[PDB]
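Numbering, chain A: per the PDB entry, residues 662-1011 in sequence. Heavy atoms only: backbone and side chains are in, while hydrogens, waters and symmetry mates are out. As the structure lists them, so they are numbered: ligands from 1, and atoms in each ligand from 1.
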Amino acid sequence: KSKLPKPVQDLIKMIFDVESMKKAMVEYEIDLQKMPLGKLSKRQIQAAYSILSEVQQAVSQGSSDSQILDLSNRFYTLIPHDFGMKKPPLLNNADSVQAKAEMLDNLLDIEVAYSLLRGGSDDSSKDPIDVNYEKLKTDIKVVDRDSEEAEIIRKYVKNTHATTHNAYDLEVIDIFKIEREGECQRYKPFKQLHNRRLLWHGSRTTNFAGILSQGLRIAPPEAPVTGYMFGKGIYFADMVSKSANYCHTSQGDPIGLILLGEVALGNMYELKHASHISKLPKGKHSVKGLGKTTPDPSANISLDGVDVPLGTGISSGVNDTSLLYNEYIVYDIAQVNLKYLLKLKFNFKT
Ligand SMILES: O=C(c1cc(Cc2n[nH]c(=O)c3ccccc23)ccc1F)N1CCn2nc(C(F)(F)F)nc2C1
C-alpha cells in the first residue's frame, strides 16, 4: 500500500485511467473494435498525419470535390472510425483537417500512456499507484497551501481569468511541484536567459501521462503545419482561462489539469495574425501572439527569479489583431522547464 500523499495518488489514478483513454477515443468517433486501444501505434498515427497532409495541399490549392474523395477516404482507412454502413464525412475544408490533426495529437499522447501500462513488469505485492508513479520519471511534491508558492499561484489563477471565458470559474484543488528527470539538464543553455516567464499550458487529462514522461513535445514532421496558427511549437498563455479551455472539461467531467512552466522567451518575434512558420528569423528565440488584452505589466512579480505576469487584464493598445489574449510559442523543447501542476475544479454556470 502506497506511502505517497493522497493528492499524488489521486493524480496518478486519473493520469493512467484506461477508461478515460477509451472515452477520449470514443469522443473522436474512433472505432474501438477495428482500432482498439491496444493496437495504437506511432507508425499508424504518423501515416495518418501524412495522409492528412495530402488533404492539406489539395484543400489549399483548390481540388475538385471528387479529387478530395480519395484522399479523405484514404485517411479513414488508416484511422478507423465508427459510422456503421454509411460513408464517413468528407474532409473537404481546412477546419475538418485540423480537427483530425488535433485527434492525432492526443492519440500520440494516449499511446504513450498505454505503452507505459503494458510495458515493464508487474508485482502483485506492490501498489499499482506506486508502480505507475515510477513510470513518469517525475518527482511530484504537494505544495503547501500555507506556503508562499501557493499564494503567488492562487493569485495567478485569481487575476488572469478572462471575462470572455465567464461561463465558469476556477477553484484550485491541489498544487504540485513537479521535477522531470533530466529536464534541468536540458534547460541549461537557457537557464539565465532574459524574458523568462511562468506561463500556463492546458491539456486534456488523457495527455498528462505523456507530458510528464516525455515532456511538452512538438508535432512530428508528418503533421500539417497549416493546422497550427504560429507553426509547430509549444504554445503557452498568460491568462489562466485561455489555457483552461484546452482541458476540455464539462459538467459531466469538471476536473481538469493545467501546467505552469518556465519558458525562455528571450527576443520575441511578435505577430498579430497567422504565420505557419517553420524556422525563426535570426536572433529570435520565441514567437509572441499579440492579444487585445494583456496582464498589467506593472503588476509583475518574481517567483524564484522567474517573472509571473499575474496582473489584472488591461488593454494592450494593439489594433487589428486576430487574438484577444497573448500566446507564446517556442520551437525548441529545451526552452521549457515544467515547474507546477494544478488540479482545477471547473464550476460551470452554464
Ligand atoms: O503545445 C501545443 C499546442 C497547443 C495548442 C492549443 C493550446 N493548448 N493549451 C494552451 O494552454 C494554449 C495556450 C495558448 C495557445 C494555445 C494553447 C495549439 C498549438 C500547439 F502547438 N502542442 C500541440 C499538440 N501537441 N502534440 C504534441 C505531440 F508531440 F504529442 F505530438 N505536442 C504538442 C504540443
Most-contacted chain for ligand 1, named by UniProt: Poly [ADP-ribose] polymerase 1, processed C-terminus
What drug or investigational compound is present at ligand 1? fluzoparib
Heavy atoms only: which UniProt active-site residue of chain A is nearest to fluzoparib, and how far, rounded to 1 Å? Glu988, 4 Å
I'm curious whether fluzoparib gets near the natural ligand site - which UniProt NAD(+)-binding residues in chain A have a heavy atom within 4.0 Å of it? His862, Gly863, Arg878, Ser904
Top UniProt domain of chain A touching fluzoparib: PARP catalytic
List the residues forming the binding site of fluzoparib, heavy atoms under 4.0 Å. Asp766, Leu769, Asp770, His862, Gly863, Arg878, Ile879, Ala880, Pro881, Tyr889, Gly894, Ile895, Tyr896, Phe897, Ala898, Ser904, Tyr907, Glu988
